[PDB]
Amino acid sequence: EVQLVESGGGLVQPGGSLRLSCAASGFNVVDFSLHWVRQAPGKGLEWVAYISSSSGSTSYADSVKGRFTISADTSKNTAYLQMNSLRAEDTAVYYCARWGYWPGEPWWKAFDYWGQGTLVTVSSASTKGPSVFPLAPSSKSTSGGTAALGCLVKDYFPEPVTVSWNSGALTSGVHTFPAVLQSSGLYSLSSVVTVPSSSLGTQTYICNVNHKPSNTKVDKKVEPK
Amino acid sequence: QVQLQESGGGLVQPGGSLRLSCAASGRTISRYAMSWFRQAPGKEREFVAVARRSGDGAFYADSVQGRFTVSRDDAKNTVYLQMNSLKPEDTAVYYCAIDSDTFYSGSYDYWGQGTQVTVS
Amino acid sequence: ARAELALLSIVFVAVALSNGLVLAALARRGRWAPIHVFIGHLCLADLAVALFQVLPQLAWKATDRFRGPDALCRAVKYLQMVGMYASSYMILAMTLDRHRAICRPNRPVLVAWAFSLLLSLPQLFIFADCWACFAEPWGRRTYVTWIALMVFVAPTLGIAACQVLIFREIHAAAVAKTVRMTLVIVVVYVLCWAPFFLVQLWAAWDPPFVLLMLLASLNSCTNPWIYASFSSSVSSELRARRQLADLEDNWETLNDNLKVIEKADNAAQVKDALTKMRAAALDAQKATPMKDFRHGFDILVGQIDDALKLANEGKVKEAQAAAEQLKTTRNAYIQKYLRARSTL
Amino acid sequence: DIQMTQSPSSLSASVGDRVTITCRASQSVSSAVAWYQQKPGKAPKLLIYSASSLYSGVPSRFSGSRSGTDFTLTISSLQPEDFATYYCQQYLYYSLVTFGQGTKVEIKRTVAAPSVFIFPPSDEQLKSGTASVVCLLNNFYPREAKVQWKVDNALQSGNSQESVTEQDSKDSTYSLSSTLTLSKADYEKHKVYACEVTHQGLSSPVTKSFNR
Ligand SMILES: Cc1ccccc1C(=O)Nc1ccc(C(=O)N2CCC[C@@H](O)c3cc(Cl)ccc32)c(C)c1
């Protein structure tokens, strides 16, 4: 089989520089033009740039014109996208697609094969651990039926965080919401669980927040007031 | 200036069929959403069905799914609710409402008198 | 009877003169392509109808009795049946040949002649003087309906279906001219021969003639005359569409974009015009006027892509110079394939 | 400068249905329109190329059609694997490729009203000078529901952030969490804190409130 892999994605400060790489295996770059496409988190696809290794012709989109530079290296069968002056709107996932050359059927097969893409995020905030707060099961809320507990992590900059309940013993009813980006540049996440109010006083609920970039493990119990 | 009126109703034999109609004057049915609700004399307001804009789809409750059908007519500015295989538990006043929000948020403000549908 | 004989003689003379003139012109010009062969055979069949049918019609009515053995009647009736079969069958063969020609840019004649020869065979048994025999329930009914089905019903229905297919494919212009000529020929044949078959069926199913005889005898001279009037070469000697329209629209769009390019000032206008050029070129390459056609449109698209690259680099004048080669490619191939409208 | 306008921004259907997604080009792009399918967390996969030819490898239930500048993707029979996002893209030239807004195919379900809970800020968080009040909507279908905050019977704007969980694997019902964040001084100057929820499955808005 033939495939395209991507590398060089990561975290840089705004206005910095980063060179994404796209290694194509199984086919030569001199036979296909290589395109870089970008998808913002929660938004649709957007074409960014293209390079024609054979003819040497290259083009960019209006939003990345002048700031990005795409080149090819047929010795390693790789494509390079040097990105400079990365504004806050460049946080996205970048895919490296191939496209055949006119004439023939290869040109009609537009973006037949893609790469898995790399996540490029720009931000001025640094790594810190999350602050865990208990959303308590208020007694007046649906008394005698089923109630909800929660744990809220408010300020943690590296997006991947893990929330578990009772060391993984509680799975039925738990909803872990996607992390939202606050106006302060940090992510906020909430994890709620729906349990019957008859077992509030008997059972104990302890949420575990695991944040590997900060090596922070917080085990916080939630109790009714 | 928006008024809404419903038709149909009455007594239906068990396992029978019926067809109610809801029409609004002073405001176009198109570009809105049309909902049908139930009200039993001893219960609260239950949801029955909703019809969206054109081909966006129609949704029903968990107790009337399959038995009920909602049809729309923007040219006549009306909606139809077809009931099949009725049960004596369906005896209620059926109200018609308009979703004011175009994004289907659920802003029901234009209610109606509703029609009484009873079984046996 | 004198008037009938005079009218038959006049018709025979006119048919013989017309068919002889047409055959002489065709032979003198061909001394070998389609249309010529089918028309020559049709004229030969008309001559056979005149000589072996009209002449016995005059010779029997000269004395109001037949003069000859039983085999003479058998042969003359068989040949008349053969000729009346051959007229319609070779008209059908011509229509099928035209359909074949319009499908893709002589056996059928021999097949039609064989059909005419073999379908007239019972005429060697019916007549035996030559008082025609009859079947026990009814003799005229069975053979009359058989003749109606085989000479008029089935051939006309087949020709109508073939004409429907031809008008489908044409509308999907020498070929159009020949199709119109064949349509006029079959219309004339139907108009001339319908009353005769209708009256013969009525005589069969419902247990005066000379007028319908003359009307049915008019086709044998009308066909060569209408062919001569509808054929330019013979007249001189005697003395698909929708795809084409789409191609024309795409080519005029390409020309308008060329005009925009030549008057363009900046790179954006050149890029937009070339984008329209590429769209039009792809749409035209989709249409079927084919390897050379697609190769030329590939060349056009490649030149458009080169000009687009040059305009992306900001070389507006160089892009216009490169796009000037699109005019050369157009004059090389687009005009050549547009000249195919003369065939159509 | 050529815009592809994918009309249905969201679609709901059950297994076995036939669905149709329509896309429109600003200019004439011939038949150079492709349809891609992307599952969450994965690269897009080419389904349809040349606006009619299905890619070698995809199932035959996908089809494409062209009428002038209107392109149509048709799924004859829905499948559990079919639910994903779909994009139309015109590829008239290398430097002119544009994608559509996308079309997310969901699972049809009966209407379920949300369960509304309200969580006041914790005493641990009040010591940090920031109070966050949470309003949770649980197990509702469809997705379209609105949440507003009435602090002292006054609506709020620009201080609330909403996060929605995607469709559940078991019951395919959504969950929403609206967090309203204030400073400690702003939190202690008000008494009534409430969140009001409106949904198509609710005849009347549901208000959850507390006093502190
Ligand atoms: C058509 C025409 C044009 C010009 C000159 C003469 C004629 C003409 O009438 N010929 C003619 C007439 C009669 C006959 C003729 O005995 N049979 C044979 C079968 C019995 C009879 O039922 C018949 C009916 C039909 Cl329908 C056709 C032909 C004939 C033949 C073989 C030829």
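Every chain is numbered from 1, with letters handed out A, B, ... down the list of sequences. We count ligands from 1, going down the list as the structure has it; atoms in each ligand are counted the same way. The analysis underlying the following values was restricted to heavy atoms, covering all of them including side chains, and did not include hydrogens, waters or symmetry mates.
PDB records name the drug found at ligand 1 as (R)-tolvaptan. Contact analysis gives the chain with most pairs under 4.5 Å to (R)-tolvaptan (ligand 1) as the one UniProt calls Vasopressin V2 receptor.
Heavy-atom contacts below 4.0 Å between (R)-tolvaptan (ligand 1) and other chains occur for C. With the cut-off at 4.0 Å and only heavy atoms counted, the binding site of (R)-tolvaptan (ligand 1) comes to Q53(C), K77(C), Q80(C), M81(C), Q123(C), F127(C), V144(C), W193(C), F196(C), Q200(C), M213(C), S217(C).
Less than 4.0 angstrom separates some heavy atom of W193(C) from each of these atoms of (R)-tolvaptan (ligand 1): 1 (C). Using a 4.0 Å cut-off to heavy atoms of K77(C), the atoms of (R)-tolvaptan (ligand 1) that qualify are 16 (O), 31 (C). In chain C, numbering transmembrane segments from the N terminus as UniProt does, a non-hydrogen atom closer than 4.0 Å to (R)-tolvaptan (ligand 1) occurs in segments 2, 3, 4, 5, 6, 7. (R)-tolvaptan (ligand 1) has no nitrogen or oxygen under 3.5 angstrom from a nitrogen or oxygen of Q123(C). Near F127(C), meaning under 4.0 Å from one of its heavy atoms, (R)-tolvaptan (ligand 1) places the atoms 16 (O), 18 (C). Interface atoms of (R)-tolvaptan (ligand 1) facing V144(C), defined by a heavy-atom separation under 4.0 Å, are 22 (O).
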